[PDB]
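Take a look at the structure below.
Residue numbering for chain A follows the PDB entry, covering 53-204, 206-490, 499-559 in order. First listed ligand is number 1; within each ligand, the first listed atom is number 1. Values below: all heavy atoms of this structure, side chains included; hydrogens, waters and symmetry mates excluded.
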Amino acid sequence: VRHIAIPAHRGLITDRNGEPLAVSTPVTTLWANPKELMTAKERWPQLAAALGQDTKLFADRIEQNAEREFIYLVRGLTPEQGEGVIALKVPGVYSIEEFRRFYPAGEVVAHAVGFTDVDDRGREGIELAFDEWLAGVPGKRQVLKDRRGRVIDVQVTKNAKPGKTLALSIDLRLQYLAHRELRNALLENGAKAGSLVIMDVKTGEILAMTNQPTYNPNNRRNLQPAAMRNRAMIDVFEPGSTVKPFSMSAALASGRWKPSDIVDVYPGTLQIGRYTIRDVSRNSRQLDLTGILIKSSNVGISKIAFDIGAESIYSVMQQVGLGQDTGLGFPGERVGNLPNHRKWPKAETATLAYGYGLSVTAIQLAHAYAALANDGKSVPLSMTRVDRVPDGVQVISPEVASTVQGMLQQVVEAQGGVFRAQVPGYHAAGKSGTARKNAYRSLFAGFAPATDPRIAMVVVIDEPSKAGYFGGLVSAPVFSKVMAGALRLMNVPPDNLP
Ligand SMILES: *C(=O)[C@@H](NC(=O)[C@@H](C(=O)O)c1ccccc1)[C@@H]1N[C@@H](C(=O)O)C(C)(C)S1
Ligand SMILES: [Cl-]
């Protein structure tokens, strides 16, 4: 009297609308009792052939496992193929009906979903993070065996309970769009890597999370580690000039600045001891605060930071979640960091203000822009479909967030701005960036529609290699196309029709 396991059916993963993303499909595995095989040696060659194995090597393996009562022949054949071997009636050959995961969207959502074991245990991404929920509990079968031991099947001791279903926050339609457009952007620019995150400003849901390179989890032969990283969550980078709107939020909240205030940025450089702060465009003197963002003046943002102090900038960044724990619990997710100082020297103050010295994830950057677009209120992040929205936390004053939103709409819409971020039919807001690593990261971060925001988006492209490499040239056009499609796919009313 012994017990054999009764495999449980692992729960289905779907996207937010119910589209299957991970399904456990019936699969047959074959094992043998060598002691029973040792009584039917003349059958071995035909069985070896039916397993695509060499007869002599196969025979060797059963001889050297002769004294054992159990060994695997092969795992995870199709039910019809496993019937082929079962049909040739070899003594001591048995079958086990297991389940095997299939991923219908393949590489399009591989980084979010992850994958399972040969045992159908989650070992990456969502499959790992929600493993206890999805797994269910295997059963126990009471079985009688003779002293060979040939099994000669009594009753179910304990039933199998299937795993529970799970609906992600991801919208597969948005995911496909983002994937295709990020991929196109990568190839066109000779880029090495990239991330794109799309977030629902009002509910905290991650509507799309896509990276390049990626991999097809359905093929065990193409699990190459470098292409398996969910870069949006597990890789960090200096956000660069994409953090300037949060510097600006500190300035406006300080009570010392308004959008119409002027800063003098001539001659487009500022010498701070050994360190020189430099702008790309150096034919400006007086700029207002909206102008500082539109032209992305480093000198301008540094002078404001000197006036208000680094501490005020650090707290806005901390509050919005940059370099902080997101609390999602995605496997291998990084926290990043905001630097700290007892006393902040000028050079450190300036570099913070325009996005160096700190390290963030793409998901953190998108979460920060989402809170800004949601009138300064940060809704907790979710990877699962949200039906009842949790209470959000006020992180920037509504009034300040509104002003900064307007300024950002101007960076997209005014002359001298990131016109390639413009979304046909809609008002859009955002900020470009280009950070060093002569290697660069091209960036665009933003949200839309400007009159009542719905979606925040970050596009991060690593090391473009074709002439133009600024965030406004490389990443902005991706924001434009993906945002255009996402908006209409979500049936959001156009707010900039003529
Ligand atoms: C923010 O990213 C800023 N970048 C730089 O000032 C500058 C640097 O970090 O050394 C730089 C990087 C790459 C190429 C040129 C200069 C400003 N914002 C950028 C943007 O909006 O994309 C720039 C390039 C306009 S400068
Ligand atoms: Cl970290």
Tell me the name of the drug molecule at ligand 1. carbenicillin (bound form)
Counting heavy-atom pairs within 4.5 Å, which chain has the most contacts with carbenicillin (bound form), and what does the PDB entry call it? Penicillin-binding protein 3
Any nitrogen or oxygen of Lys348, main chain or side chain, under 3.5 Å from a nitrogen or oxygen of carbenicillin (bound form)? no
Report the nearest protein non-hydrogen atom to atom 2 (O) of carbenicillin (bound form): residue, atom name, distance rounded to 0.1 Å. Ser294 OG, 2.4 Å
Within-shell test, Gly533 vs carbenicillin (bound form), heavy atom, strictly < 4.0 Å: no
With heavy atoms of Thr487 as the reference, note each atom of carbenicillin (bound form) found under 4.0 Å away. 1 (C), 2 (O), 4 (N), 9 (O), 12 (C), 13 (C), 19 (C), 20 (C), 22 (O), 24 (C)
I'd like to check whether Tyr530 has a polar contact with carbenicillin (bound form), where a contact means an N/O of the residue lying under 3.5 Å from an N/O of the ligand. no
As deposited, to what residue and atom does the covalent bond from carbenicillin (bound form) connect? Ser294 OG
Sub-3.5 Å N/O-N/O distance, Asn351 and carbenicillin (bound form): yes
Contact between carbenicillin (bound form) and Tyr501 is defined here as a heavy atom of the residue under 4.0 Å from a ligand atom; is it met? yes
Interfacing atoms of carbenicillin (bound form) (cut-off 4.0 Å, heavy-atom, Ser485): 20 (C), 21 (O), 22 (O)
Which carbenicillin (bound form) atoms are under 4.0 Å away from a heavy-atom of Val333? 15 (C), 16 (C), 23 (C), 24 (C), 26 (S)
Would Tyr409 count as being in polar contact with carbenicillin (bound form), using the rule that some N or O on each side must be under 3.5 angstrom apart? yes
Just wondering, which residues come within 4.0 Å of carbenicillin (bound form) on a heavy-atom basis? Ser294, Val333, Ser349, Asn351, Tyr409, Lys484, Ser485, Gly486, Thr487, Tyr501, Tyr530, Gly532
What short N/O contacts, under 3.5 Å, does carbenicillin (bound form) make with the protein, listed by atom pair and distance?
| from | atom 1 | to | atom 2 | distance (Å) |
| --- | --- | --- | --- | --- |
| carbenicillin (bound form) | 2 (O) | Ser294 | N | 3.3 |
| carbenicillin (bound form) | 2 (O) | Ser294 | OG | 2.4 |
| carbenicillin (bound form) | 2 (O) | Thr487 | N | 3.1 |
| carbenicillin (bound form) | 2 (O) | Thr487 | O | 2.9 |
| carbenicillin (bound form) | 4 (N) | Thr487 | O | 3.3 |
| carbenicillin (bound form) | 6 (O) | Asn351 | ND2 | 2.6 |
| carbenicillin (bound form) | 9 (O) | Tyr409 | OH | 2.4 |
| carbenicillin (bound form) | 18 (N) | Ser294 | OG | 3.1 |
| carbenicillin (bound form) | 18 (N) | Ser349 | OG | 3.1 |
| carbenicillin (bound form) | 21 (O) | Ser485 | OG | 2.7 |
| carbenicillin (bound form) | 22 (O) | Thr487 | N | 3.4 |
| carbenicillin (bound form) | 22 (O) | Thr487 | OG1 | 2.8 |

